[PDB]
Trainee: 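For discussion: a PDB structure holding vorinostat.
Numbering starts at 1 and runs along the sequence shown. One-based numbering, in listed order, for ligands and for the atoms of each. FYI, side chains are in, hydrogens and waters are out, and symmetry mates aren't considered; it's all heavy atoms of this structure.
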Amino acid sequence: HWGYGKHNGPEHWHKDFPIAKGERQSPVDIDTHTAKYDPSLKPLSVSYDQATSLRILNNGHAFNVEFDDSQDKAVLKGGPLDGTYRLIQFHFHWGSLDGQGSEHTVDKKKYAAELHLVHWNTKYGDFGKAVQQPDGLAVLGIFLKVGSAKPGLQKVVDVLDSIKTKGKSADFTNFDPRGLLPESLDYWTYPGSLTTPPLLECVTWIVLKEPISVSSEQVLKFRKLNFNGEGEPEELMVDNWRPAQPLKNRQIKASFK
Ligand SMILES: O=C(CCCCCCC(=O)Nc1ccccc1)NO
Ligand SMILES: [Zn+2]
């Protein structure tokens, strides 16, 4: 099956998922000098006060923190979006070394990790319907750079020992995702895709300009997770990122100048 190894990684995915060579694939390199400032873009509205986290899961390719999305509890509105998008989960992509790990790049610069806060358009009723629509998902992407520790991330870091292998989950209640946001909500936006199979072209990407800083010790703990299940030979969960894809006939817009 697909993964991030030499024999099943991103350069192989097109054989099972031909959309991998499609017209709206993610991630992309953000060329800051060719992005277009769009004064019609609205500020983002992030309403995470009533977020209800439920569980953290190692799914074999990343770890997901899952939220209750049965009501409009934690929503994203505004920006380039029409309507209301509910938060369903967040996860990260990261590297084996501090100089790689992000999926998006900025003027070819790679960050140590990238956080994806995943939201779905409530007009489609459920997440599975939303992924079939061109405006179904909105993903907030936040870059991580290695520096000072991020206090709001430590609760995530400390539970990773309990979900070391694929298929393990743990209860993870009362986590506030507001502690993961940067000070500024300036962003770039473009239409794209999931970055993992099935690579569906259903995502409005909103990539924040300002990275958050995490400490070396925090990111080191991400690198101790395993791709494998318990009892199988150990494969460290590192470099779970897809390289940049061609922009094709797309324009990246900026909310700032
Ligand atoms: O692709 C991304 C960003 C958005 C991920 C959305 C969650 C992944 C997911 O649920 N994938 C999926 C969708 C439909 C059918 C099967 C899997 N990062 O890797
Ligand atoms: Zn992702």
Trainee: Tell me where in the structure to find vorinostat, all copies included.
Mentor: ligand 1
Trainee: What does the PDB entry call the chain that holds vorinostat (ligand 1) with the greatest number of close contacts?
Mentor: Carbonic anhydrase 2
Trainee: May I ask which of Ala138, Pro198, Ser26, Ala130 has a heavy atom nearer to atom 17 (C) of vorinostat (ligand 1) than the others do?
Mentor: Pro198
Trainee: Find all atoms of vorinostat (ligand 1) within a distance of less than 4.0 Å from any non-hydrogen atom belonging to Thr196, and give their numbers and elements.
Mentor: 1 (O), 19 (O)
Trainee: Of the backbone atoms (N, CA, C, O) and the side-chain heavy atoms from C-beta on, which set of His93 has a member under 4.0 Å from an atom of vorinostat (ligand 1): side chain, backbone, both, or neither?
Mentor: side chain
Trainee: Name the UniProt substrate-binding residues of chain A with a heavy atom closer than 4.0 Å to vorinostat (ligand 1).
Mentor: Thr195, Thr196
Trainee: For vorinostat (ligand 1), which atoms sit closer than 4.0 Å to a heavy atom of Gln89?
Mentor: 7 (C)
Trainee: Name the UniProt Zn(2+)-binding residues of chain A with a heavy atom closer than 4.0 Å to vorinostat (ligand 1).
Mentor: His91, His93, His116
Trainee: Tell me which one of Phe90, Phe127, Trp120 gets a heavy atom nearest to atom 10 (O) of vorinostat (ligand 1).
Mentor: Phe127
Trainee: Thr195 to vorinostat (ligand 1): N or O pair under 3.5 Å?
Mentor: yes
Trainee: Which other ions or ligands have atoms closer than 4.0 Å to any atom of vorinostat (ligand 1)?
Mentor: ligand 2 (zinc ion)
Trainee: Give the single entry among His91, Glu114, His116 that approaches atom 5 (C) of vorinostat (ligand 1) most closely by any heavy atom.
Mentor: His91
Trainee: Determine, using UniProt domain annotation, which domain of chain A makes most contacts with vorinostat (ligand 1).
Mentor: Alpha-carbonic anhydrase
Trainee: Nearest heavy atom to atom 4 (C) of vorinostat (ligand 1): which of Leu194, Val203, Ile88 does it belong to?
Mentor: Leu194
Trainee: Which UniProt active-site residue of chain A lies at the shortest heavy-atom distance from vorinostat (ligand 1), and what is that distance to 1 Å?
Mentor: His61, 8 Å
Trainee: Hey, could you tell me which residues sit within 4.0 Å of vorinostat (ligand 1)? Heavy atoms only, please.
Mentor: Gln89, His91, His93, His116, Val118, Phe127, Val139, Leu194, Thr195, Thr196, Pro198
